[PDB]
**Q** 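For discussion: a PDB structure holding zolpidem.
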Amino acid sequence: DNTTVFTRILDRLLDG
Amino acid sequence: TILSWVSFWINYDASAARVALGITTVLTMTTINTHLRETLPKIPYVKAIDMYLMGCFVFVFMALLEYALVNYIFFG
Amino acid sequence: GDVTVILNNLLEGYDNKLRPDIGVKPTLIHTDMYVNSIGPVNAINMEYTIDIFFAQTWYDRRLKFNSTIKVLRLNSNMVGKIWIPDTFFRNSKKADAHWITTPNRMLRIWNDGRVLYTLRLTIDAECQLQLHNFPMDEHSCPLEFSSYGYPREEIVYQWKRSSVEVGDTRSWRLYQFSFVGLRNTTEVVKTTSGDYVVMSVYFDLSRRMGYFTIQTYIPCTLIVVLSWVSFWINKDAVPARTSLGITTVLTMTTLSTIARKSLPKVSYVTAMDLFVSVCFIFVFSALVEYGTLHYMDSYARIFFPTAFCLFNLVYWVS
Amino acid sequence: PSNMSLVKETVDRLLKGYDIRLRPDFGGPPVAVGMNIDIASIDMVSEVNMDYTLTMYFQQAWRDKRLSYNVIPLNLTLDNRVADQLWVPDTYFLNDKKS
Ligand SMILES: *[C@@H]1O[C@H](CO)[C@@H](O[C@@H]2O[C@H](CO)[C@@H](O[C@@H]3O[C@H](CO[C@H]4O[C@H](CO)[C@@H](O)[C@H](O[C@H]5O[C@H](CO)[C@@H](O)[C@H](O)[C@@H]5O)[C@@H]4O)[C@@H](O)[C@H](O[C@H]4O[C@H](CO)[C@@H](O)[C@H](O)[C@@H]4O[C@H]4O[C@H](CO)[C@@H](O)[C@H](O)[C@@H]4O)[C@@H]3O)[C@H](O)[C@H]2NC(C)=O)[C@H](O)[C@H]1NC(C)=O
Ligand SMILES: *[C@@H]1O[C@H](CO)[C@@H](O[C@@H]2O[C@H](CO)[C@@H](O[C@@H]3O[C@H](CO[C@H]4O[C@H](CO)[C@@H](O)[C@H](O)[C@@H]4O)[C@@H](O)[C@H](O[C@H]4O[C@H](CO)[C@@H](O)[C@H](O)[C@@H]4O)[C@@H]3O)[C@H](O)[C@H]2NC(C)=O)[C@H](O)[C@H]1NC(C)=O
Ligand SMILES: *[C@@H]1O[C@H](CO)[C@@H](O[C@@H]2O[C@H](CO)[C@@H](O[C@@H]3O[C@H](CO)[C@@H](O)[C@H](O)[C@@H]3O)[C@H](O)[C@H]2NC(C)=O)[C@H](O)[C@H]1NC(C)=O
Ligand SMILES: CC(=O)[C@H]1CC[C@H]2[C@@H]3CC[C@H]4C[C@H](O)CC[C@]4(C)[C@H]3CC[C@]12C
Ligand SMILES: Cc1ccc(-c2nc3ccc(C)cn3c2CC(=O)N(C)C)cc1
Ligand SMILES: *[C@@H]1O[C@H](CO)[C@@H](O)[C@H](O)[C@H]1NC(C)=O
Ligand SMILES: CCCCCCCCCCCC
Ligand SMILES: CCCCCCCCCCCC
Ligand SMILES: CCCCCCCC
Ligand SMILES: CCCCCCCC
Ligand SMILES: CCCCCCCC
Ligand SMILES: CCCCCCCC
Ligand SMILES: CCCCCCCC
Ligand SMILES: CCCCCCCC
């Protein structure tokens, strides 16, 4: 859960 | 260097002998130095092997110049 | 077809990352080899090349199928789809499989679960040659291999009945040595990651000295005879005697240098080094014999050949 | 066959939802990566190239809470290819010229 935030940040970055 | 000294026991009136012996000895010293240095990299300073080879070269060259000195004292 | 469905069923729900019987029992692997050729033995670099057809078989309950088809004979395509043991060679400086035209791999799957997996390899194995006596050195060059990560409790190796299917030795690139035989061992080595079963093949190689005789020994004996002939030359010929002696000893130094160049950089005197040293003694002694003569000849004319022959007998018999 | 299925489920659960990009404890304290070396050979120390060739079993261990399992009482040694799916330290040797 602690690392999930940065995972979502990276996924949002690479999206589109 | 040891066989360079046998020139000293040879007769003084043997220029063709002592000169040839000293020349062969000094040229072989040069060849050995160059062969050793070729294996090593192009290193710009004297190493311990370099300084020992140079000392022995000075010794054999001194023996050759010793015969030269004897010849110039007798004939010249 | 009837075979494609079998492969699809086999690979369906197949975890490639898990070894067979993980957490149940160690996976027994039977390894066999066909030594196609023992390549050049690089005594200078303490390594030798060997080309092998390395085969390993094991049972995988996941890869079992019942049908009229008895075996699934497949190319390298299916090698990466199923679990293959991580067999590495412990003493290989550099090894590479063959890929031309396609990867040189074979894979056969029986009904019971046998998975015969073979591939062609060119291993530059590391043989720790001990050339204390050269060029008469005899070496038992090993070839170890074990699982890299699976301990003794997870991957066990074993030798099949056929020890090693060594090929015909006529075509081998082994010029220096002669292949005497092969011997296998299986021992449990302990290391930091665990206990690993290691299987080693020792190939016994015996050196041949014919090239070294015509290369080093014969020239040194001939130059020693050149040192000998100085005695028969008249003593009054000072330049002739001195020239012969100096040419002999200096070319002896050059021959010693090249002969040592043939050897690696090791700090111990070898048999060839002993022979060249004795030749040094002989040529230098002849030069000193004329040096003391100018400042006896018949005694040298006998002693030098007899001493050389006696030393030759003593040296060669050893 | 129970152990095989349980291990497959455990490994699949571990690898599922795993981000290789983020290091362990990302946005937190540094991860302690212990290192162990077992030198197997020093092939040649050449002065011409001013270099030495060294062969070793370079081992490193670190704690990753994402890869923690407790259902099975044993240590899972996996295929080497799983290293391509797990975060590993970006260790490098500043001296190496060809490795
Ligand atoms: C640092 O960078 C270097 C490169 O700068 C990386 O090295 C490269 O790594 C890649 C990926 O691991 C290698 O690609 C693989 O090559 C396989 C065959 O390689 C042979 O040919 C190449 C030339 O193309 C040679 O350079 C190789 O020789 C060198 O490598 C070997 C070790 O592999 C050494 O031992 C040698 O001494 C050389 O150093 C080889 O001769 C190729 O088969 C493979 O492709 C298969 O696997 C992939 C996996 O995804 C599949 O997608 C693909 O379809 C193939 O799968 C088929 O074939 C296999 C064969 O068994 C079957 O099992 C499958 O089922 C399927 O049928 C892959 O392409 C590359 O060779 C290598 N070297 C280079 C580029 O020079 C380092 O990895 C990298 N990291 C580190 C830590 O160093
Ligand atoms: C999965 O992998 C882990 C780690 O690799 C294994 O855990 C190791 O199990 C072995 C089995 O015995 C342990 O070995 C011994 O453990 C004893 C317990 O000491 C604990 O407590 C002290 C307290 O300070 C800790 O320092 C220590 O690390 C342990 O946590 C030790 O007392 C032993 O010490 C000496 O034992 C023999 C005696 O002859 C010596 O030869 C040894 O060299 C050593 O000096 C010994 O260490 C080991 O400690 C465990 N390590 C860890 C990290 O847990 C699991 O067993 C493995 N799972 C499997 C195999 O299923
Ligand atoms: C290569 O390795 C294999 C396996 O380690 C060696 O074969 C094994 O040799 C031993 C001793 O010769 C065999 O044990 C003996 O078997 C005979 C016949 O059954 C029996 O009468 C004896 O009492 C003893 O048990 C062993 O069976 C055999 N392995 C197999 C699978 O048959 C082989 O010798 C090695 N090659 C070498 C060293 O060159
Ligand atoms: C009188 C005498 O003893 C003679 C004997 C041998 C002579 C030397 C030979 C090498 C010469 C090289 C160059 O020609 C410079 C002078 C040089 C060093 C000479 C100096 C005088 C010497 C010592
Ligand atoms: C233990 C073992 C035995 C034989 C093989 C093997 N499989 C093949 C397939 C094809 C070709 C050409 C050669 N193969 C060879 C090697 C061989 O038998 N030679 C060279 C006579 C592999 C492992
Ligand atoms: C394969 O089928 C045969 C006959 O249907 C059966 O006897 C055998 O047990 C089967 N093997 C399996 C399911 O592994
Ligand atoms: C720069 C170092 C000098 C190298 C030559 C050394 C020669 C000294 C020995 C002479 C003995 C007579
Ligand atoms: C002078 C003759 C030199 C060669 C002698 C060889 C003797 C045979 C040795 C064979 C090994 C025992
Ligand atoms: C740099 C020291 C040289 C010493 C030369 C000795 C006499 C030729
Ligand atoms: C060493 C060279 C100078 C002295 C030579 C002998 C007297 C002329
Ligand atoms: C093979 C080198 C030695 C040959 C014997 C010579 C004896 C005079
Ligand atoms: C090489 C052998 C011939 C010399 C012997 C005869 C001289 C007395
Ligand atoms: C120091 C080299 C040998 C000298 C011998 C000369 C004759 C007694
Ligand atoms: C006077 C000595 C004669 C030498 C006989 C041959 C020795 C090889």
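The first sequence line is chain A, the next is chain B, and the lettering continues from there. We're sticking with the PDB entry numbering for chain A, so the shown stretch reads 9-24, in order. By the PDB entry numbering, chain B shows 233-308, in order. Using the numbering of the PDB entry, the residues shown for chain C are 25-319, 410-432, in order. Residues 6-104, in that order, are what chain D shows, numbered as in the PDB entry. One-based numbering, in listed order, for ligands and for the atoms of each. Header says: electron microscopy, 2.7 Å. Displayed portion only: the contact tally does not extend beyond what is shown. Hydrogens, waters and symmetry mates are skipped; everything else that's a heavy atom, side chains included, is used.
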**Q** Give every ligand number or chain letter for zolpidem.
**A** ligand 5
**Q** Which macromolecule makes the most contacts with zolpidem here, by its name in UniProt?
**A**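 By contact count, the main one is Gamma-aminobutyric acid receptor subunit gamma-2.
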**Q** What other chains come closer than 4.0 Å to zolpidem by at least one heavy atom?
**A** C
**Q** Give the numbers, counted from the N terminus per UniProt, of the transmembrane segments of chain C with a heavy atom under 4.0 Å from zolpidem.
**A**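 Non-hydrogen atoms that close: no UniProt segment.
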**Q** Got a protein heavy atom sitting under 4.0 Å from atom 8 (C) of zolpidem?
**A**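 No, no protein heavy atom sits under 4.0 Å from atom 8 (C) of zolpidem.
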**Q** Which protein heavy atom lies closest to atom 22 (C) of zolpidem, and at what distance to 0.1 Å?
**A**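 For this ligand atom, the closest protein heavy atom is C/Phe77 CB, 3.5 Å.
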**Q** For C/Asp56, counting its heavy atoms only, list the atoms of zolpidem lying under 4.0 Å from any of them.
**A** 1 (C)
**Q** In the PDB record, what organism appears as the source of chain C?
**A** Mus musculus
**Q** In the protein, what heavy atom is nearest to atom 20 (C) of zolpidem, and what distance, to one decimal place, separates them?
**A**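 Result for atom 20 (C) of zolpidem: C/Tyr58 CE2, 3.7 Å.
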**Q** Number the atoms of zolpidem from 1 as they appear, then name those within less than 4.0 Å of a heavy atom of C/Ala79, with their elements.
**A** 1 (C), 23 (C)
**Q** Scan the protein's non-hydrogen atoms and note whether one is under 4.0 Å from atom 12 (C) of zolpidem.
**A**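 Given the 4.0 Å cut-off, atom 12 (C) of zolpidem does not count as touching protein heavy atoms.
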**Q** Hey, which residues are hanging around zolpidem within 4.0 Å, heavy atoms only?
**A** C/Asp56, C/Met57, C/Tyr58, C/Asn60, C/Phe77, C/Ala79
